[PDB]
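Below is Tubulin beta chain with plinabulin bound.
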Amino acid sequence: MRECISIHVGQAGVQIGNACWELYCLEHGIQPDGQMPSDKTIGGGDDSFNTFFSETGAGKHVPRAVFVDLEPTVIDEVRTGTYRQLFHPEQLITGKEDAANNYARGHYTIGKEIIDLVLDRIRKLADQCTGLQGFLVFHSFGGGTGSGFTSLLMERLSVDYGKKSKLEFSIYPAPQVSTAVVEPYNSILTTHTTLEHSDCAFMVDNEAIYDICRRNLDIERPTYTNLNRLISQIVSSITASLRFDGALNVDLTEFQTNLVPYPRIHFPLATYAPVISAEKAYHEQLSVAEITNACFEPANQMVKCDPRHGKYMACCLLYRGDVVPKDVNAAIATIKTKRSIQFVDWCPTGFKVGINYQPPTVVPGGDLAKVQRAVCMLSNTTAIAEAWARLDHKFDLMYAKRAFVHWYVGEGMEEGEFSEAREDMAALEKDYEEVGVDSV
Amino acid sequence: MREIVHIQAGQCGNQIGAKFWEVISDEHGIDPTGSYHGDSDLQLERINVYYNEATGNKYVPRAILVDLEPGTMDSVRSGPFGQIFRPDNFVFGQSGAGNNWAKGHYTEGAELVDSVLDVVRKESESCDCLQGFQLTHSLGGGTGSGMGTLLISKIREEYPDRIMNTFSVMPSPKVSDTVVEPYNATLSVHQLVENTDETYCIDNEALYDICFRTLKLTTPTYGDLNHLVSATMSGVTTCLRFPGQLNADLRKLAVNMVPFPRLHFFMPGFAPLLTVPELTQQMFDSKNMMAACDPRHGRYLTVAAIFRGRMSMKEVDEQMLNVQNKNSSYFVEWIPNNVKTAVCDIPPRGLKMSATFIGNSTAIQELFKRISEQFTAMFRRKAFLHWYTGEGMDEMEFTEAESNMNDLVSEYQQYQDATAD
Amino acid sequence: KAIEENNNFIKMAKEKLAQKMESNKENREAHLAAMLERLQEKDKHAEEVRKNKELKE
Ligand SMILES: Nc1nc2c(ncn2[C@@H]2O[C@H](COP(=O)(O)OP(=O)(O)OP(=O)(O)O)[C@@H](O)[C@H]2O)c(=O)[nH]1
Ligand SMILES: Nc1nc2c(ncn2[C@@H]2O[C@H](COP(=O)(O)OP(=O)(O)OP(=O)(O)O)[C@@H](O)[C@H]2O)c(=O)[nH]1
Ligand SMILES: CC(C)(C)c1[nH]cnc1/C=c1\[nH]c(=O)/c(=C/c2ccccc2)[nH]c1=O
Ligand SMILES: [Ca+2]
Ligand SMILES: [Mg+2]
Ligand SMILES: [Mg+2]
């Protein structure tokens, strides 16, 4: 048991789901049709991969997942794509008319027509589970569905499943790849209304992933295909603890205990290594020390901020592949003396480690080099509030002139909801300030 | 959201409509009968936006051809793609309007309006998911100016949650010397400010100046002006008519473009009338604007740029950053990241690389002030009111139309003067 | 106390949500009710214009 149900909302959520599920399939030896030859127990099982995959009596290993979007064209490409046989038709749920980059339409107008259906389909997956652990919600901050429908869904999931855990993989917006001028509004609105209902949220800054694809992978103009493949590697590093069997493998919930010191302070900074091209990887084996050192280089972060000009409340290292504790400990001792890792006075400074022996996998015809070892650092640093600050500033510039506010008000929202959301973010920024202050 | 319902009203509206349909039928690989003869699957992927699929794999426009004057029915039916239109969708009146707005809006066009609404409802009911409406018309005439704005207000009543878009042709003394055109435009603007989600100001003064100075033609016909409008209309509908990874419809794009409901009057532009830095400098230049206004006399609230052809996207990203850096004062600081760009693989017929420009600039007041000056020249001496007050109108309504357009200009100025701190 | 507080959170989430979704449906309907009432006011004005043509002949 300890099942985990993934929910993929909007274009960014859906397309990241494809990258993730294609990647899990390759990691677990599950074929496109859903068969898994190495799995001898047909119809069911208690194995580690069963946390994300239910089994049919016909040997099909089916993702414990729901894909929701308010228009058909993105989910249609899963229905007709390589992995069409992997999902039951009822897992793939589409509306006709999208939220139009408007939180109001996603949360109220269009979203209320599909919300009961979506919960019914999540319920059929929940009833398959003997010991459901929680949900992983993949969505953008910027999209109308990504922001509005997610919030609505999270609100309803708190009603129907109580305090059962809910993790987010939130896509934080960047002007290089976005086409929506109102994302700052959608972001602040969804961040506000979801805050009470999420237990942990891993933000991914599209700009951070954009710069990594340019710099490390030498891709001139990265597409979503380029970004999502990288994102799925980071998501796989974080969920690998749930999906694999291991003697030195620490569970994700055990990291969460260390990562969330107060309910609202639930936004870990993610950092991944190595992101390297096949050309550069050739005759270039990267040790445990080199990839561990790469975690403290801020060019490798999933969110653009500076931890060095902030304070640490937790540091977790999720290794995968050819890694043994001896090397990790040596590498950490080297980093402690050589780098800017200042903790708050109320936390202990020790780094927490997890190791999965199953090495990282690459999608065929990808950009990433296949490497023997890899690492994902999850840290809780006050520095991540910078991402809130940049986004809260963009919100204020527009909201002062009520630019675009009529579209939201036209679909039923009040100005009260805007300022209420901004004040919560003002408090959130203030909270991250307060935790860094020394005790008295 | 996929199906858009086209409506062409009056002489101007029907001819620019006819050209619009010639160009996109060519681009999509549709011949005058209405059969697919192309090669790329991208031509058919979003064909349903403008075409209905009839029996025997026949693609038929979702167009509603409307006029009070017959004769315009013949010219469209005799033209290159005259056969392709649906015969029942032709809804033509009797005695015309004769460049009178109150005839189109209140009396003679009001009698024809319910027979048009029947064709709209029949087309709209068959749409799997109707997104909105586009109206091609002039604002200087009688039918397209007046009955076109009555259609807008009547379509709004039965479809309040659908997008209403207009390619509204602004009148100019250099192209047409009919004296009452300033009255017609000002009355139409009073409707358009209230009842449309976004209006393309295709300006006949700018089209004359382009045709004269750039294209080298000494005295241009309506055929010359329309070559530019059909190039523009093809450009600004490329985002709906082709994919690729972009997932945009009339509402999404109206949400990103229209920061205030009344300020939905855009400045179109095309290039060339070539390398990527040249395209990018050309489309932002005042000479390429299909509205006769200078960007540098105001500020951009939002901009949409749409490139077409095989070209390096890295280079397009660098060049669009370049012009925003170099022209920083001409984009309002209080809307971040307000210039957006899409690239389409498929170029238009003839050109290997083209760019199309859509801009919501506060400089558009230069177009409304010009009309307002021509308007107030006539109105303050009560000239030619017997045309309008005879058909039933009051002077009060003439004063309201002037005041609404002066408020529109005042508001464009307010946000042009606005600052962040 | 652990049950009480978990129920409290389910309770108040449910009530907060129902209050917002109702308040929104009031607003969006009042917005569309005003838009149609302005459009119906034009039909009443266009009936006075068509009468003032006939009552001036
Ligand atoms: N990383 C990543 N970001 C994406 C992807 N697709 C869209 N985005 C980003 O998500 C934001 C836009 O939201 P979408 O998810 O496209 O919109 P949506 O949630 O489908 O909502 P509507 O389309 O408005 O109904 C922008 O910041 C995009 O750049 C993707 O495949 N990967
Ligand atoms: N750009 C362009 N402008 C045109 C064209 N045809 C007419 N116009 C302009 O339209 C204005 C007059 O309006 P029309 O469309 O002819 O009149 P109408 O709306 O059909 O009204 P009636 O003539 O009363 O039926 C003038 O300013 C013309 O210069 C055209 O093909 N292209
Ligand atoms: C990202 C990009 C370039 C697609 C964009 N972002 C905001 N606007 C646009 C473009 C358009 N925006 C529009 O509003 C638009 C209007 C339109 C389209 C078809 C028919 C009538 C109007 N046409 C466009 O090409
Ligand atoms: Ca099994
Ligand atoms: Mg979408
Ligand atoms: Mg005519």
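To find a chain, count down the sequence lines: A is the first, B the second, and so on, and within it residues start at 1. Counting convention: from 1, in listed order, for ligands and their atoms alike. The basis for the numbers below is simple: all heavy atoms, side chains too, and nothing from hydrogens, waters or symmetry mates. Cropped entry; intra-crop contacts only.
Location of plinabulin, all copies: ligand 3.
Every other chain with a heavy atom under 4.0 Å from plinabulin is listed here: A, B.
What the entry calls chain A is Tubulin alpha chain. In this structure, residues within 4.0 Å of plinabulin (heavy atoms) are A:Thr179, B:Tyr50, B:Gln134, B:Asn165, B:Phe167, B:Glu198, B:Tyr200, B:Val236, B:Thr237, B:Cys239, B:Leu240, B:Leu246, B:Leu250, B:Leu253, B:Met257, B:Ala304, B:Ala305, B:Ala342, B:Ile358.
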